[PDB]
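In this PDB entry you will find fosfomycin (bound form).
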Amino acid sequence: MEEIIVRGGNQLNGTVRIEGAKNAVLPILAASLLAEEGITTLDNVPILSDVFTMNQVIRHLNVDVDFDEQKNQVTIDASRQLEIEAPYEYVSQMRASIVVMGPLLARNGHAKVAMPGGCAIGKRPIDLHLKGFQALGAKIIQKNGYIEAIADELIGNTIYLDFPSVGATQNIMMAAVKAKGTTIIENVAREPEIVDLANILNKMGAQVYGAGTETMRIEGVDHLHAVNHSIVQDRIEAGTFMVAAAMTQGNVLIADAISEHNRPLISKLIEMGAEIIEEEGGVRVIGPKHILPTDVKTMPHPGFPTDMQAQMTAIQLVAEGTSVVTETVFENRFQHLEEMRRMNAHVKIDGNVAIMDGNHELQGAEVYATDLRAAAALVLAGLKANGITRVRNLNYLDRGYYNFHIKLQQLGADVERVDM
Ligand SMILES: CC(=O)N[C@H]1[C@@H](OP(=O)(O)OP(=O)(O)OC[C@H]2O[C@@H](n3ccc(=O)[nH]c3=O)[C@H](O)[C@@H]2O)O[C@H](CO)[C@@H](O)[C@@H]1O
Ligand SMILES: *[C@H](C)[C@H](O)P(=O)(O)O
Ligand SMILES: [Cl-]
Ligand SMILES: [K+]
Ligand SMILES: [K+]
Ligand SMILES: [K+]
Ligand SMILES: [K+]
Ligand SMILES: [K+]
Ligand code: NA
């Protein structure tokens, strides 16, 4: 139905406002299932397709969910007896749908949830979620396609995560808050959305210690209640605009940006010649006349985030030399580079390593997003391409960006969203 059309060759200048984080609001919506009494009010909720999908997941569990889009506010009433089967129709259309399992085990000792969807960028198993629930006393059944977890009593345990999985950390945390005694989770995700989640849980009456460190300690409680919470700013949307500014000889203030949440990105953009200044109003990015090449290796926190990789390849592909990216987190997150070949990108891919020769002019082309960050990366490449770039499959973009074309237009970019 729709495409984003870009004409390249404009400098970006001005101030951009950033929405609440996609990847904080979704597990916090799941956490609202733990509030046995009261009404949860979430503020700074972004208008994203994943929020509408997650709200339908939760409503099917016998919960009232009201999204006031004008106020960026969601109210949740989970005070009734929860149903325990999440609806495949919605679960299959996003990733974070799976993290209703933890709260359903905490409230009811019973959860039925299918394998989730989301960005089609690798195998994306959930084995570590299921291992953690087993460690807390759940029996895990697969009937013919389905995943059922049953716990007559959740009991705290020590749980070592083989990989610091964001979703597994969230799912296990949300079961453990109502487990009997102490849970210790070793090698947890340290991403700042884990901290935002822990902070709302603690406000709701939980005892979650060590969020943002490698070891979490949870002391089970009998009851959680509803609170008011404001979602943390979206560090990935923030970072996307930092890259846009850095690649267009721009001067952009990212309003109220949290520099602590983008230390790797800021460091790498400085290596490429950006000037980045922490100001009273936000983080200012000044793009250089001569973009310098740099290498990127994705890693779990505290290394370079995989959710900035695609966007970063757009600036690497216009740098004055050869850059390398190594994608260590996901197995299939280079399809945007194949599309950028249509735009005259010179890139060699060998397993998890891509080598980019930026000494070529990108040319406008019709390109097809395959996933959320790939869509943003193709629009960014458009900002530097000679002529007209048409970015298609905006369903992927709408999972994580609100008004992306309007925010770019307001910085002086020639970007439109139109019907095909
Ligand atoms: C909705 C949401 O918050 N999405 C984010 C979340 O996804 P998500 O929570 O799916 O990401 P994980 O941290 O779990 O996955 C990272 C890697 O861990 C491994 N793994 C994970 C779980 C498991 O049970 N077994 C296993 O092996 C896989 O190698 C996977 O490739 O964190 C990712 C990593 O920063 C981000 O890219 C996503 O945007
Ligand atoms: C792309 C990786 C998205 O953030 P998810 O919601 O599928 O994880
Ligand atoms: Cl996607
Ligand atoms: K319980
Ligand atoms: K039960
Ligand atoms: K917050
Ligand atoms: K170049
Ligand atoms: K890879
Ligand atoms: Na969508």
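All chain A residue numbers match the PDB entry; in order, they span 1-420. Note that these values count all heavy atoms, side chains included, but never hydrogens, waters or copies made by symmetry. Counting convention: from 1, in listed order, for ligands and their atoms alike.
Put simply, copies of fosfomycin (bound form) show up as ligand 2. Per the PDB entry, the macromolecule in most contact with fosfomycin (bound form, ligand 2) is UDP-N-acetylglucosamine 1-carboxyvinyltransferase. By chain and number, the binding site of fosfomycin (bound form, ligand 2) at a non-hydrogen cut-off of 4.0 Å is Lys22, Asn23, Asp50, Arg95, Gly118, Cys119, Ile121, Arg124, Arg333, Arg399.
Not one N or O of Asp307 is nearer than 3.5 Å to an N or O of fosfomycin (bound form, ligand 2), by distance alone. Scanning the protein for heavy atoms near atom 7 (O) of fosfomycin (bound form, ligand 2), the closest one is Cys119 N, 2.7 Å. At the shortest separation from atom 6 (O) of fosfomycin (bound form, ligand 2) among protein heavy atoms lies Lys22 NZ, 2.6 Å. If you number the atoms of fosfomycin (bound form, ligand 2) from 1 as listed, the ones under 4.0 Å from a heavy atom of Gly118 come out as 7 (O). Here the protein heavy atom with the shortest distance to atom 8 (O) of fosfomycin (bound form, ligand 2) is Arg124 NH2, 2.8 Å. The deposited entry places the covalent bond of fosfomycin (bound form, ligand 2) on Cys119 SG. Listed by number with element, the atoms of fosfomycin (bound form, ligand 2) under 4.0 angstrom from any heavy atom of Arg95 are 5 (P), 6 (O), 7 (O), 8 (O). Measured from fosfomycin (bound form, ligand 2), other ligands and ions fall under 4.0 Å in these cases: ligand 1 (uridine-diphosphate-N-acetylglucosamine).
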Find all protein N or O atoms under 3.5 angstrom from an N or O atom of fosfomycin (bound form, ligand 2) and list the pairs with distances, or write 'none'.
unit_1                            : atom_1 : unit_2 : atom_2 : d
fosfomycin (bound form, ligand 2) : 4 (O)  : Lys22  : NZ     : 3.3
fosfomycin (bound form, ligand 2) : 6 (O)  : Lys22  : NZ     : 2.6
fosfomycin (bound form, ligand 2) : 6 (O)  : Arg399 : NH2    : 2.9
fosfomycin (bound form, ligand 2) : 7 (O)  : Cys119 : N      : 2.7
fosfomycin (bound form, ligand 2) : 7 (O)  : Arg124 : NH1    : 2.9
fosfomycin (bound form, ligand 2) : 7 (O)  : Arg399 : NH1    : 3.4
fosfomycin (bound form, ligand 2) : 7 (O)  : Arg399 : NH2    : 3.4
fosfomycin (bound form, ligand 2) : 8 (O)  : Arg124 : NH2    : 2.8

